[PDB]
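Drug present: montelukast.
Residue numbers start at 1 and run along the sequence shown. We count ligands from 1, going down the list as the structure has it; atoms in each ligand are counted the same way. Reckoned from all heavy atoms, side chains included, excluding hydrogens, waters and symmetry mates.
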Amino acid sequence: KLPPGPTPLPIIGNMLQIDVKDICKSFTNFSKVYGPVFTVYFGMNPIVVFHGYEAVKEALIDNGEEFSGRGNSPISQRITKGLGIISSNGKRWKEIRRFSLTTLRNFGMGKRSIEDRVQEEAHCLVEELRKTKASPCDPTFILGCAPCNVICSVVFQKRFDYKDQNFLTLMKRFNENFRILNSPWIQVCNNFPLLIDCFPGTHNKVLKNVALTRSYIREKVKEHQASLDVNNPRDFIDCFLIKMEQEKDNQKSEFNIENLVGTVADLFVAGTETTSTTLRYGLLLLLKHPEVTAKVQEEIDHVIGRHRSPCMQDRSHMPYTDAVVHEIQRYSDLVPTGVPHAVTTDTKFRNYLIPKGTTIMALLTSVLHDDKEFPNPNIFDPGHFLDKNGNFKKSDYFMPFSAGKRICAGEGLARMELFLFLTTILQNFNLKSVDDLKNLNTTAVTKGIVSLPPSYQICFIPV
Ligand code: HEM
Ligand SMILES: CC(C)(O)c1ccccc1CC[C@@H](SCC1(CC(=O)O)CC1)c1cccc(/C=C/c2ccc3ccc(Cl)cc3n2)c1
Ligand SMILES: CCCCCCCCCCCCCCCC(=O)O
């Protein structure tokens, strides 16, 4: 008894009724014809889509457990092999996530807090930006090296030097796979597996980058083993190695060198491109909206000054900069469809029964753009996260990190990098448009699962 929906054609399903590019605009129109919940078939596979705050919440939150499964697929499977945190499910997930969540706490990796790794990075970033010499440029590459280096710093103790070859290769690697896997073709090939054979070259490249990466990590993990100081862990690998030590006897324990190379890999994948995107998107918005930046720089001056580096602690005294960072995520809507889930067993959702394994889809964007909770949801405006007094106004509708039992495993780190990197930049630079702001477009290109901001150029003018 799946929820209603467009009756499918045989063999293909509703495919030709869904714009594979902006598949969310497609879903939104379906909702106006079948309501909050509904089923669509990609190929022979059913997919029950949830639209609106109440549907997404009732599902993800209220029925948390049953909706905490990761919808998987032919591609996702052959890349990860069910290893790691993102793609795993059941027992192996719960144990890896729980270990990951606590090991990723501000101090969960030893004497050196993560904030300190982020703050040091926000530094090198500002230094690289000075190198542009105020000249117009595409911030994409520079902005990407920071979030990627933060992860390096979190899993490999030390951060790389931007010119270091290993870092550049480590990046291209992940970027290439990011671009491949973000093609509308992925949605097709995932449902019509046979069509993967039609992409020999691309198939090999993806697997090759994945293969090479695993090697590098493993080579790097041995370095950690042969130098492990059990009493004070250096990074993420140390913590895992220590945990592995304890389970030494349990032959069915998840903590083995295999999930370690996996979970590490996942960390880059899960926190590099997403952060980089929101960052690049955030600057574009601060550029397009000058009267906004001015206020943020005003808080920065008033609460941090030119006297020192911003730290997470200032955020409690900077309501506006907080509203901005919240509105940047709400507006830029990084993952409109959220990441596909799957119900854990036969699940009951008001009048409907959803078979175990079915693919779920909680449309985050439908929440982030609720027109009642956010009047004029399509205009970037910090007011959305501000009360009549200029005080921060938290929202239950703020789900860019998703919700429920499978909410972003690195939200904190994510929120920390956005606030640090963004305030640290605005402190040392002012944003200048190569052209006229009016000629500046801020509409995303959703030719894929990860919405992207339009390409642009900017001039970092040292204050
Ligand atoms: C701009 C920043 C980021 C955003 C908006 C974002 C958001 C997301 C979203 C929407 C999900 C899927 C949640 C679901 O299952 O429904 C996710 C999960 C995940 N994120 Fe992020 N992310 C970002 C950065 C980070 C960072 C910096 C890390 C690194 C620690 C991280 C690691 C993860 C991991 C490991 C998962 C998979 C969790 C699981 O399946 O149990 N994320 N993220
Ligand atoms: C990548 C992204 C968008 O930043 C992200 C961030 C946080 C959480 C999820 C995601 C989506 C990652 C999704 S891509 C899903 C797709 C559809 C499907 O197969 O079901 C679009 C193909 C995903 C889910 C589970 C595991 C993975 C593992 C990826 C991975 C694993 C190891 C890798 C080693 C080297 C390289 Cl160069 C790339 C590697 N990539 C990816
Ligand atoms: C083991 C993992 C295999 C993954 C195979 C993924 C196959 C899908 C390849 C899609 C390639 C799309 C290339 C077109 C790029 C473009 O010009 O838009």
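The structure holds montelukast at ligand 2.
Structurally, the greatest contact with montelukast is made by what UniProt calls Cytochrome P450 2C8. Heavy atoms within 4.0 Å of montelukast belong to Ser73, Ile75, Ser76, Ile79, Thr80, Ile86, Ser87, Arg173, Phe174, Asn177, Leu181, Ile186, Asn190, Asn209, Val210, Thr213, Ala265, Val269, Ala270, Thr274, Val339, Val450. UniProt lists residues of chain A as binding substrate; of these, a heavy atom within 4.0 Å of montelukast is found for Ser73, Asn177.
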